[PDB]
S.K.: 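Examining a structure with tolcapone at the moment.
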4 protein chains.
Amino acid sequence: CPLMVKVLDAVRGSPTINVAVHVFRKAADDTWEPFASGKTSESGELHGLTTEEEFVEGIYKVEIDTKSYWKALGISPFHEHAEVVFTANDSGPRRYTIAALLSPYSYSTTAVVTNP
Amino acid sequence: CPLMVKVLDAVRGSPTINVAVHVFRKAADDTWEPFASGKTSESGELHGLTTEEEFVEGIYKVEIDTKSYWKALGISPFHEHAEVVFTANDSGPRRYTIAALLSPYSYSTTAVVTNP
Amino acid sequence: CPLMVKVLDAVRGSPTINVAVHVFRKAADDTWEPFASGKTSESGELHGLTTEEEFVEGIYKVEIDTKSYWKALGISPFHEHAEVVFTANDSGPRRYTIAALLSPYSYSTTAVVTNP
Amino acid sequence: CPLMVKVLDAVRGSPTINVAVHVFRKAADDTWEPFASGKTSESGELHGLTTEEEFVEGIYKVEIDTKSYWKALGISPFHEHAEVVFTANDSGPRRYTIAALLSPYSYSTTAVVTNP
Ligand SMILES: Cc1ccc(C(=O)c2cc(O)c(O)c([N+](=O)[O-])c2)cc1
Ligand SMILES: Cc1ccc(C(=O)c2cc(O)c(O)c([N+](=O)[O-])c2)cc1
């Protein structure tokens, strides 16, 4: 699985379940081409977005629909979404975990990049 | 000042100087109109981006050029930038501080919103 | 496994391997009684610290030896360690994951608390 | 002011007012000597804890009473407090800002260290 997304809720201390995630890859004309999408599981994780063969070098964007999550919980959010833009595989294929820790007025994102 | 951006370096424990910041506002046709730009000062802060009169209701995007900051220190970071998108002034005028805490493979962002 | 500790490195974008972790429980005389200890695995995780029978209600402290980690990497750290103090199981047994994201001059900690 | 503490609420996007802060210094016998204390102001900041003359080399502990803050808002948070332990002024006098960003199940802390 070369790309995994994990989303956590800092208000409730829980994984964020059923949050929509969209992945894009930058096109030659600096536009965002859809690439993959899904919703997080009960563990807050989204697997199976891509394969090692499709996940070539390039710039990728991960958009997490955080606003819809907080609205479903009845909490007023600040951000429209959480976005993460990064260059992938520039030094050979890696396994990427994009982790996002969500609060209504703050979020953090980290990348855990390992070599299989 | 209705909009301030502050940027900190979590590796060195210091404000980030001369980091480029670009602000955009979503137009009626759902395109990003350039709104303001600047670079952070010695204190890591960028003031004077806009005025209360110009800073009307809308969706705004703040893009911080974190990659150039790390590259100038010799580091190839994970993220291409740090981008924050939010609705502003939907309940009347507020003062917004957008703060970003930077590491090579992680960043966090918060919003401090006050009512003068 | 009622208690797991996970530690991540925000500079290198990797799990923190071989970091020492010590767990204490507060004694009747407000002193810290040792409870469990270990070192993180290749995945940055420390499992098997306790059992559901031993992990009773109480106040617990998790101390992560972050200073030794950064010294081993040749990076100057700010903190002497990372500590997390929390009340456990006050509403029935839970599964706790204590996650720490480390930078030389900053750290974050979250708790993911689930019901089996 | 050589030592400042700033505390922010990541749920509401606001500084935290009237949060208790206690500072300790490690003595020769390895005990924590009370050094200074105060409460955060309307801006979430606590100034005037010490002077450059009194703030000598040593190991210091800053304990922020985050639990009382959340309890006053009706929330039972995960952490009992936020505690930061660090060596100060080992390379000469510095100015330290300890900043804490609070959520019910997560907190982050950073240090901004400057040389006047
Ligand atoms: C920015 C941030 C801070 C803390 C967390 C975080 O709490 C977390 C929790 C996990 O169970 C876990 O498996 C991972 N991970 O794999 O990276 C991260 C996640 C994101
Ligand atoms: C995501 C994050 C976490 C912590 C900080 C942070 O450390 C910080 C430091 C300041 O001196 C300061 O004035 C503010 N602020 O007002 O927002 C934040 C900044 C950003």
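The first sequence line is chain A, the next is chain B, and the lettering continues from there. In chain A, numbers come from the PDB entry; the residues present are 10-125, in order. Going by the PDB entry, the residues shown for chain B are 10-125, listed in order. Following the PDB entry, chain C shows residues 10-125, kept in their order. Using the numbering of the PDB entry, the residues shown for chain D are 10-125, in order. The header says X-ray crystallography, 1.6 Å. We count ligands from 1, going down the list as the structure has it; atoms in each ligand are counted the same way.
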S.K.: Quick one: what's tolcapone (ligand 2) bound to in this structure? I mean the chain with the most contacts, named like UniProt names it.
M.R.: Transthyretin
S.K.: I'm curious which other chains are hanging around tolcapone (ligand 2) with a heavy atom under 4.0 Å away - can you tell me?
M.R.: B, D
S.K.: To the nearest 0.1 Å, how far is atom 1 (C) of tolcapone (ligand 2) from its closest protein heavy atom, and which atom is that?
M.R.: B/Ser117 OG, 3.2 Å
S.K.: In this entry, what organism is named for chain B?
M.R.: Homo sapiens
S.K.: Are any of the N or O atoms of D/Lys15 closer than 3.5 Å to those of tolcapone (ligand 2)?
M.R.: yes
S.K.: Return the residue, atom name and 0.1 Å-rounded distance of the protein heavy atom closest to atom 2 (C) of tolcapone (ligand 2).
M.R.: B/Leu110 CB, 3.7 Å
S.K.: Say whether D/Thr119 and tolcapone (ligand 2) are in contact under the criterion: heavy-atom distance to a ligand atom below 4.0 Å.
M.R.: yes
S.K.: Run the numbers for me: atoms of tolcapone (ligand 2), each under 4.0 Å from some heavy atom of D/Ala108, listed by number.
M.R.: 6 (C), 7 (O), 8 (C), 9 (C)
S.K.: For atom 9 (C) of tolcapone (ligand 2), which protein heavy atom lies nearest, and how many Å away is it?
M.R.: B/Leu17 CD1, 3.5 Å
S.K.: List the residues that UniProt gives as binding L-thyroxine in chain B and that have a heavy atom under 4.0 Å from tolcapone (ligand 2).
M.R.: B/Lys15, B/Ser117
S.K.: Give, by chain and number, every residue with a heavy atom within 4.0 Å of tolcapone (ligand 2).
M.R.: B/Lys15, B/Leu17, B/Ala108, B/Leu110, B/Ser117, B/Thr118, D/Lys15, D/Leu17, D/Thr106, D/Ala108, D/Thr119
S.K.: Tabulation required: pairs of a nitrogen or oxygen in tolcapone (ligand 2) and a protein nitrogen or oxygen under 3.5 Å; columns are atom names and distance to 0.1 Å; otherwise 'none'.
M.R.:
from                 : atom 1 : to      : atom 2 : distance (Å)
tolcapone (ligand 2) : 11 (O) : B/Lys15 : NZ     : 3.0
tolcapone (ligand 2) : 13 (O) : B/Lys15 : NZ     : 3.1
tolcapone (ligand 2) : 13 (O) : D/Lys15 : NZ     : 2.5
tolcapone (ligand 2) : 15 (N) : D/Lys15 : NZ     : 3.4
tolcapone (ligand 2) : 16 (O) : D/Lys15 : NZ     : 2.4

